[PDB]
Amino acid sequence: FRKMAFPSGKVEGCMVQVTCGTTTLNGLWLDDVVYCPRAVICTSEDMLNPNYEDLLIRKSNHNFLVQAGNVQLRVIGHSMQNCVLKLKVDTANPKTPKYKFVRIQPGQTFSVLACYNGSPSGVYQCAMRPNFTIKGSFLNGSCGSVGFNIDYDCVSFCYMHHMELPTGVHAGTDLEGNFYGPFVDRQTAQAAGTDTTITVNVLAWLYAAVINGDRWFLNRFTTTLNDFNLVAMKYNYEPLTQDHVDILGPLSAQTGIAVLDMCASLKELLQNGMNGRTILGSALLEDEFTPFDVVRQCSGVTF
Amino acid sequence: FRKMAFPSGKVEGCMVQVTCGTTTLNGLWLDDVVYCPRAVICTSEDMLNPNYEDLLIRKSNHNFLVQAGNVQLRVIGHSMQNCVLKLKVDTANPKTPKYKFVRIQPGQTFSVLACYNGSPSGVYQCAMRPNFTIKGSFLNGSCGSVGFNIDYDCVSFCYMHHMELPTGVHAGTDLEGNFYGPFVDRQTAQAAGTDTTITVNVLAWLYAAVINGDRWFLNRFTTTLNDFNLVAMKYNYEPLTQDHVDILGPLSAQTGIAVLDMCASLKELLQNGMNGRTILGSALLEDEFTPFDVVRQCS
Ligand SMILES: *[C@H](O)[C@H](C[C@@H]1CCNC1=O)NC(=O)[C@H](CC(C)C)NC(=O)OCc1ccccc1
Ligand SMILES: *[C@H](O)[C@H](C[C@@H]1CCNC1=O)NC(=O)[C@H](CC(C)C)NC(=O)OCc1ccccc1
């Protein structure tokens, strides 16, 4: 039960640095376009209440320094799409993988390639919380780092990093520049909603425990989805959607345990204790493994 | 505070598939040599009690099928170095990074690139345990997956995967083919020695907790190095050396908590327990971050 990231090599070949004035951050170079946070056009003075449309009309193509390593890529056009800048460059990235842009749902996991000055530094797995933040690891200069999943030969980009909230958690946009959650890219006071436990992932973890022979928590009872959802909210657990029930299908089939039967078992654990007992050796329930993460580590999918 | 692995791209470019007969595993292609576990030359029957020198002399270059994705590489020589087979191929790998082969010490961490059929599957961070096992995530066909660290531009390869023990932990060799630990590449149940907790790593992690505002376990007390080590050994923790105290220097400087002060806090947790509380979200004392790992992630 390791938190396993996707291999990062296909994304590494797409990272560049983008500088405007003295502000440097990371960009993503796909075909002949570089994507990066529009915050790069701000000075320290602009960050409090930036007027991005006004800041951008005073920039031209030759104000942007795009480098792949120490090699400059000439900028030939620029536009703003929500909170991302799109810089058209004169060279198509020969390392461009097959890719798509996707907007993920809370509870989904993805790998983050943390970068500084356009150089990859580390990779880790994390989950999108129900309050649209991620518990990441990001230092100054990390903006423009991306999150991604790999789906056979296709890289699905789902996150670009923009900010850190005063509570220490992180927020960003999809690759169309739309924020996850109710945040804005300005250095203002912002707070996230209360975090909840990701129920669908806890259920995936319970199925993984059963697959490995740890099944003391199974009981003789079942529940309805509506009854379960109403109880879950009382314990700060996310309600299940119909999509959550369907993505649990394969694990339910593999173990022969119906989804709603597993819900009844989880409902028992919430109302009574765990009695100091453990599941997969842990005293606490894990909620950052999705159903697909469980299948990955029990089957060994490659890319 | 996350377990962060090194970016794997430099190693992905070196991974190939090696097949001998009915056995397929992964190999590492550097310049014009492919390194892989010698177990690839065994049948199911052979694996029970292999005489590797005999099995190797009975093979020719054409019994080895090496595939780099779609392209077959032609084997033009072969030799055995301890538990690793070196296959000479007619083509140099243009994506060979700057690299070195190092043998690591218990307590040190590295990234694993788990591969199947020559294709990368996942990356995660591990520590070499004091009993010379690693707690990995490896399935059938993962042999020849490698462990590595990245220093500036240089890839240091430190581990090649060979086996899973009955307890579910893993064992392998360095890239010179020498096992870590008392294990042999034979299909028999092998036990490892008693494991201990890596004390210097726990302290580094407690410093990371303080950096991130988790402070409940601190106290005003201090201890001596010898008095701490007496308690540590009683609880199956590795003793702390003066070398370890030196290496914790930067975290001590950044937090203003002396190392021996932190030791007094860890001593209390060992004696009293954590009492249902958590540190950095964990209910257990984590020992697979080195001091360098913490420094890397925190500044
Ligand atoms: C971009 O590299 C940077 C990433 C931050 C720096 C520390 N760790 C991170 O994840 N982002 C910013 O500096 C960002 C700038 C735009 C939002 C305009 N601002 C930010 O994260 O401010 C933090 C903050 C703002 C207001 C109150 C409290 C904290
Ligand atoms: C190589 O791909 C494979 C990796 C194993 C398979 C399951 N998980 C892994 O990490 N290694 C072997 O199959 C290895 C071959 C020897 C000749 C080195 N044998 C092995 O790991 O045996 C496990 C075992 C446990 C208990 C009794 C007997 C064998």
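Lettering: A, B, C, ... assigned in the same order as the sequence lines. Chain A is numbered as in the PDB entry; shown residues: 3-305, in order. Chain B is numbered as in the PDB entry, which gives 3-301 for the residues shown. Each ligand, and each atom within it, is numbered from 1 in the order the structure gives.
Measured by close contacts, the chief partner of ligand 1 is listed under UniProt as 3C-like proteinase nsp5.
The drug at ligand 1 is GC376 (bound form).
Other chains whose heavy atoms approach GC376 (bound form, ligand 1) within less than 4.0 Å: A. For GC376 (bound form, ligand 1), the heavy-atom contacts closer than 4.0 Å come from A:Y54, A:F140, A:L141, A:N142, A:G143, A:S144, A:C145, A:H163, A:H164, A:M165, A:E166, A:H172, A:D187, A:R188, A:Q189, A:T190.
Protein heavy atom closest to atom 22 (O) of GC376 (bound form, ligand 1), with residue, atom name and distance, is A:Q189 CG, 3.5 Å. The ligand atoms of GC376 (bound form, ligand 1) that sit less than 4.0 angstrom from a heavy atom of A:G143 are 2 (O). Between A:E166 and GC376 (bound form, ligand 1), an N or O atom pair is found at a separation short of 3.5 Å. Counting residues of chain A in contact with GC376 (bound form, ligand 1), the top UniProt domain is Peptidase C30. Covalent attachment: GC376 (bound form, ligand 1) to A:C145 SG.
Those atoms of GC376 (bound form, ligand 1) with a heavy atom of A:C145 less than 4.0 angstrom away are 1 (C), 2 (O), 3 (C), 4 (C), 11 (N).
Between A:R188 and GC376 (bound form, ligand 1), no pair of N/O atoms sits closer than 3.5 Å.
Here is the list of GC376 (bound form, ligand 1) atoms found below 4.0 Å of a heavy atom in A:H172: 10 (O). Looking only at protein heavy atoms, the nearest one to atom 12 (C) of GC376 (bound form, ligand 1) is A:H164 O, 3.8 Å.
The distance criterion of under 3.5 Å between nitrogen or oxygen atoms is met by A:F140 with respect to GC376 (bound form, ligand 1). Of all protein heavy atoms, the one lying nearest to atom 10 (O) of GC376 (bound form, ligand 1) is A:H163 NE2, 2.7 Å.
For atom 18 (C) of GC376 (bound form, ligand 1), the closest non-hydrogen atom on the protein side is A:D187 O, 3.8 Å. Protein heavy atom nearest atom 16 (C) of GC376 (bound form, ligand 1), with residue, atom name and distance: A:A41 CB, 4.1 Å. The protein heavy atom nearest to atom 27 (C) of GC376 (bound form, ligand 1) is A:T190 O, 3.7 Å.
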